[PDB]
There are 2 protein chains.
Amino acid sequence: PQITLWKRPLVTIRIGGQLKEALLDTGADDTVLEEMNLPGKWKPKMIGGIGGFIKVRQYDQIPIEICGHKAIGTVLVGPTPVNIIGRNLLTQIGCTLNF
Amino acid sequence: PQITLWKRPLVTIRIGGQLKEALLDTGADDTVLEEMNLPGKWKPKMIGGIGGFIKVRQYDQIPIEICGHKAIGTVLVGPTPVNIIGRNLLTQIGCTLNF
Ligand SMILES: CC(C)CN(C[C@@H](O)[C@H](Cc1ccccc1)NC(=O)O[C@H]1CCOC1)S(=O)(=O)c1ccc(N)cc1
């Protein structure tokens, strides 16, 4: 689709059988989801944003269906304010900015 | 133009003929710029994301040119590590997300 920006670009995603709402976030390099269970191996990592750094759990090679479009990639889980879909997955689904 | 997301969507902006590089950020409700001593009235505000909140100064009706396109609106000013063009101005320059 084409998504305008008068409202937050929130879309439904499917991850591990569950529907969640997440924010298409071009200013985020990585994809970060609120506290959740995901199967398999993970590694501790830290990431920075506007307010400081946080600790996250890094899951590699995870499938997410983002607004009907399939991605498989790195998902970070931790204390983000909102579920955010970052460039690592926006690129997979062919997302570009246009004006 | 079309901006892919392989890299950070940094573009040239101008505010008071200071030219800065800024993120076209669909994840940001409001534009937030690095510390700069802008003239005019302002109100205090606190904005939050990954890592917590920062204190910013809200200036209204500030003109800004974004990649050659004119905008005018609210600009938040404070200790952000990156200049962020948020949805409040992205809409004014006709920016969409497309996939
Ligand atoms: C977290 C989202 C919901 C909101 N942020 C926008 C996001 O795009 C934010 C922009 C940013 C990039 C790099 C350093 C600092 C900030 N990226 C972000 O944290 O990227 C992290 C998570 C994964 O990759 C790195 S915001 O900066 O906090 C924000 C809050 C309020 C306003 N008015 C404007 C901006």
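All chains are named by letter (A, B, ...) in the order of the sequence lines, taking the proteins before the strands, and each is independently numbered beginning at 1. Order of listing sets the numbers, starting from 1, for every ligand and every atom in it. Computed from heavy atoms alone, side chains included, the values below leave out hydrogens, waters and symmetry copies.
As PDB records put it, the drug at ligand 1 is amprenavir.
Structurally, the main neighbour of amprenavir is the chain that the PDB entry identifies as Protease. At a heavy-atom cut-off of 4.0 Å, other chains contacting amprenavir: A, B. Site of amprenavir with heavy atoms closer than 4.0 Å: A:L23, A:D25, A:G27, A:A28, A:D29, A:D30, A:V32, A:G48, A:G49, A:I50, A:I84, B:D25, B:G27, B:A28, B:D30, B:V32, B:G48, B:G49, B:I50, B:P81, B:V82, B:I84. Regarding atom 32 (C) of amprenavir, its nearest protein heavy-atom neighbour is B:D30 O, 3.8 Å.
With hydrogens left out, the protein atom closest to atom 20 (O) of amprenavir is A:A28 CA, 3.5 Å, a heavy atom.
Geometrically, amprenavir and A:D29 share a nitrogen or oxygen pair separated by less than 3.5 Å.
In the vicinity of A:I50, heavy-atom distances shorter than 4.0 Å reach the amprenavir atoms 15 (C), 16 (C), 27 (O), 28 (O).
The closest protein non-hydrogen atom to atom 5 (N) of amprenavir is B:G27 O, 4.3 Å.
Residue contact check: B:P81 has heavy atoms under 4.0 Å from atoms 14 (C), 15 (C) of amprenavir. When only non-hydrogen protein atoms are considered, atom 13 (C) of amprenavir lies nearest to B:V82 CG2, 3.9 Å. Considering both main-chain and side-chain atoms, B:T80 never comes within under 3.5 Å of amprenavir through any nitrogen or oxygen pair. In terms of N/O distances under 3.5 Å, amprenavir is not approached by A:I84.
Residue B:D25 has at least one nitrogen or oxygen atom sitting less than 3.5 Å from a nitrogen or oxygen atom of amprenavir, judged on distance alone.
Source organism (PDB entry) for chain A: Hiv-1 m:b_arv2/sf2.
In the vicinity of A:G49, heavy-atom distances shorter than 4.0 Å reach the amprenavir atoms 15 (C), 19 (O). For amprenavir, the atoms sitting less than 4.0 Å from at least one non-hydrogen atom of A:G48 are 21 (C), 25 (C), numbered in the order shown with element in parentheses.
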